[PDB]
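One structure below.
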2 protein chains.
Amino acid sequence: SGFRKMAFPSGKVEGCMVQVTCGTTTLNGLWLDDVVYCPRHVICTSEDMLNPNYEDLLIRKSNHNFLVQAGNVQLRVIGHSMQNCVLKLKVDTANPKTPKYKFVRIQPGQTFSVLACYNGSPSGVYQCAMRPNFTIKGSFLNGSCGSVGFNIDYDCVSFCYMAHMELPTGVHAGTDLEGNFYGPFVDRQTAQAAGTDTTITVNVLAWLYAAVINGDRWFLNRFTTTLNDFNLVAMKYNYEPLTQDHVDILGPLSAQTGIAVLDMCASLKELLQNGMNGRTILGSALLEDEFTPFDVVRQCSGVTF
Amino acid sequence: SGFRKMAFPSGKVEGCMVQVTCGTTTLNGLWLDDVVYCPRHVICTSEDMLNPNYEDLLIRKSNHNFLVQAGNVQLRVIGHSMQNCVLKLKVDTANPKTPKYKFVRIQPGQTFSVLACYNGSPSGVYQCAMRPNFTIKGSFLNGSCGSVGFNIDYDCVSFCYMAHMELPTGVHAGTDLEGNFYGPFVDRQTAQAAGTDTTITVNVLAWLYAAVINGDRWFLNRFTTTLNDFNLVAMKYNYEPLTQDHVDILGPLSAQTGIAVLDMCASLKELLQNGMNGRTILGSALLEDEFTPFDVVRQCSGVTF
Ligand SMILES: *[C@H](O)[C@H](C[C@@H]1CCNC1=O)NC(=O)[C@H](CC(C)C)NC(=O)OCc1ccccc1
Ligand SMILES: *[C@H](O)[C@H](C[C@@H]1CCNC1=O)NC(=O)[C@H](CC(C)C)NC(=O)OCc1ccccc1
């Protein structure tokens, strides 16, 4: 029993992290096959970040201006190109630790593990979720750019995120591994505000099912509700509108616990209207929304990789 | 910026996890050099667990009754011995992935990362802390025994925990890697109650310093207090008594934030007496006590391994 915020084993990703230096700027890169992926602002100085013209900045950059280092061994850069906001550095040696991998762009509400790195060296691993405003609540200091988020399917590593920047509200933003930012953000040292921090309703419900599985059941009320009525109460507390697809996804957890999805929505509705009265649910005094229905099933079943 | 519950990279430990089968029972083991460490109750059946006599049960167990499997390759068992509550299986092949390692028994209040495994395969990684009642709040299903907790010092993996059992209150208990249980617990299928769940006061204070570093500062009051006066209020809320050593350990964080330790204690005292008024601190509606002063410094500085 027990339920914990759990990240994937980071071993397969640690073997792909390198250090990319371009002048004064040093950040992390991802060495897959004979390609190194890193944020394109590695070519910016302490002044160009306000309004960088990456096409012009890349003109006076040659293959030899990129220092790619894996541990204490250097990789020879034989080619480079800019794909959106990521830089692809063609090296001459294929990474011997390259695992089976995919490039996947995730949707808001999906979760992934982040391997925070500095100078091409892993610092730690923690679980995240793509917010509805396309940001992530992470832990990133200077030099952490290039750290990647990933999911693991058995033996296939699914790369979905790369850290690029922090927003003025202490929240972070990045791109997928094809260089396209999540959301309306740009790799620019400007004032970019994020939208309203919406709560992932289907994830709260899946987390409530996890609590029922693990003994926490005081919040189970004697009420039920409808989808439209719940969404009227959810829209005032900045909750994602619940859809019929979300109900279907919660199907497995509903059948396993004998508690209908709409009955669980009524329990959430009361927790939103009455609070938690100082009580806790799975050791949390607040409603957690960073477990997908899939994370709950995986953790409660013992799925390995 | 940002502060997250962060576990060490699990890569160095994934390469040491094996599957140990003894009859019907299957659990995980730790392959270091030519030794495999696993809980001794791998030799118990579904009935002996109530009152096992491990000396007698081990008499009719031979080297060949232990099936150690690393992936799809088997290790030949050439010797076995019982050291307290762990079994040491002498194999003929040294693990080629053995990292620099230590066997360290940690104290209550220290933190470590757990690599939850099933059938010798890693499932996930999460950060824990040794509770003052010598339990841990983890996520363990059937077949997870043998999973280990660890800290990493640069390139040295410090092994400190091995999962053995769950207590009737959904909390977990285990031993160090020399077989000695943490606390008064025994590897027995009996009713073993845990003590009062005390909060690690020095860890709450270190976490409050982290909040001040990361912008959360509404809880900073205009008060101060003394050590004795704080402990009078802390003993009623089941908080660990604060000592002068704890003050010294918080020295680095105090000097970095310009906030004296006793001033921070006064802010905690008010949070204990008045609550958090529905507000949050680093995204938590409850006081977190699973960050040591060292975890805070490490995460806020960018220490790599
Ligand atoms: C990359 O290492 C670095 C990581 C930041 C710094 C601390 N946490 C992070 O996520 N990011 C940058 O250097 C980036 C440069 C590009 C925008 C070209 N700028 C940045 O992220 O600064 C943070 C910030 C930006 C705008 C307003 C307030 C803060
Ligand atoms: C080892 O795989 C297993 C892990 C338990 C089961 C789910 N979470 C855990 O931590 N532990 C055992 O099989 C163990 C056997 C030894 C005590 C010989 N027994 C156990 O942990 O059962 C849990 C329990 C014990 C006593 C009261 C209530 C529950």
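Below, chain A is the first sequence line, B the second, and so on; all start at residue 1. First listed ligand is number 1; within each ligand, the first listed atom is number 1. Per the header of the entry, the method used was X-ray crystallography, 2.3 Å. Values reported hereafter were calculated over all heavy atoms of this structure, with side chains retained and with hydrogens, waters and symmetry mates removed.
- Present at ligand 2 is the drug GC376 (bound form).
- In this structure the chain with most contacts to GC376 (bound form, ligand 2) is the one the PDB entry names ORF1a polyprotein.
- Under a 4.0 Å heavy-atom cut-off, the other chains found next to GC376 (bound form, ligand 2) are A, B.
- When hydrogens are left out, the protein atom nearest atom 19 (N) of GC376 (bound form, ligand 2) is B/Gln189 OE1, 3.2 Å; that is the closest non-hydrogen contact.
- Looking only at heavy atoms of the protein, atom 1 (C) of GC376 (bound form, ligand 2) is closest to B/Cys145 SG, 1.8 Å.
- In this PDB entry, the covalent tether of GC376 (bound form, ligand 2) is B/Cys145 SG.
- In this structure, atom 27 (C) of GC376 (bound form, ligand 2) lies nearest to the protein heavy atom B/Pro168 CG, 3.5 Å.
- Residue contacts with GC376 (bound form, ligand 2) include B/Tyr54, since one of its heavy atoms falls under 4.0 Å from the ligand.
- In terms of protein heavy atoms, atom 13 (O) of GC376 (bound form, ligand 2) is closest to B/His41 NE2, 4.2 Å.
- At least one heavy atom of B/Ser144 sits less than 4.0 Å from an atom of GC376 (bound form, ligand 2).
- Here is the list of GC376 (bound form, ligand 2) atoms found below 4.0 Å of a heavy atom in B/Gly143: 2 (O).
- Close contacts of GC376 (bound form, ligand 2) with B/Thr190, meaning ligand atoms under 4.0 Å from a residue heavy atom, involve 26 (C).
- Among protein heavy atoms, atom 14 (C) of GC376 (bound form, ligand 2) sits closest to B/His164 O, 3.7 Å.
- In terms of polar-atom proximity, defined here as any N/O pair under 3.5 Å, B/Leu167 makes no such contact with GC376 (bound form, ligand 2).
- The closest protein non-hydrogen atom to atom 17 (C) of GC376 (bound form, ligand 2) is B/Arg188 N, 3.6 Å.
- The atoms of GC376 (bound form, ligand 2) that sit less than 4.0 Å from any heavy atom of B/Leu141 are 4 (C), 7 (C).
- Protein heavy atom at the shortest distance from atom 21 (O) of GC376 (bound form, ligand 2) is B/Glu166 N, 2.8 Å.
- Numbered from 1 in the order shown, with element, the atoms of GC376 (bound form, ligand 2) that lie under 4.0 Å from a heavy atom of B/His172 read 10 (O).
- What sits closest to atom 7 (C) of GC376 (bound form, ligand 2) on the protein, heavy atoms only, is B/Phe140 O, 3.3 Å.
- The deposit credits the origin of chain B to Severe acute respiratory syndrome coronavirus 2.
- Defined by non-hydrogen atoms within 4.0 Å, the binding site of GC376 (bound form, ligand 2) is A/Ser1, B/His41, B/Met49, B/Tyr54, B/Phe140, B/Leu141, B/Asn142, B/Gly143, B/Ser144, B/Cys145, B/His164, B/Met165, B/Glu166, B/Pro168, B/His172, B/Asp187, B/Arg188, B/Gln189, B/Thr190.
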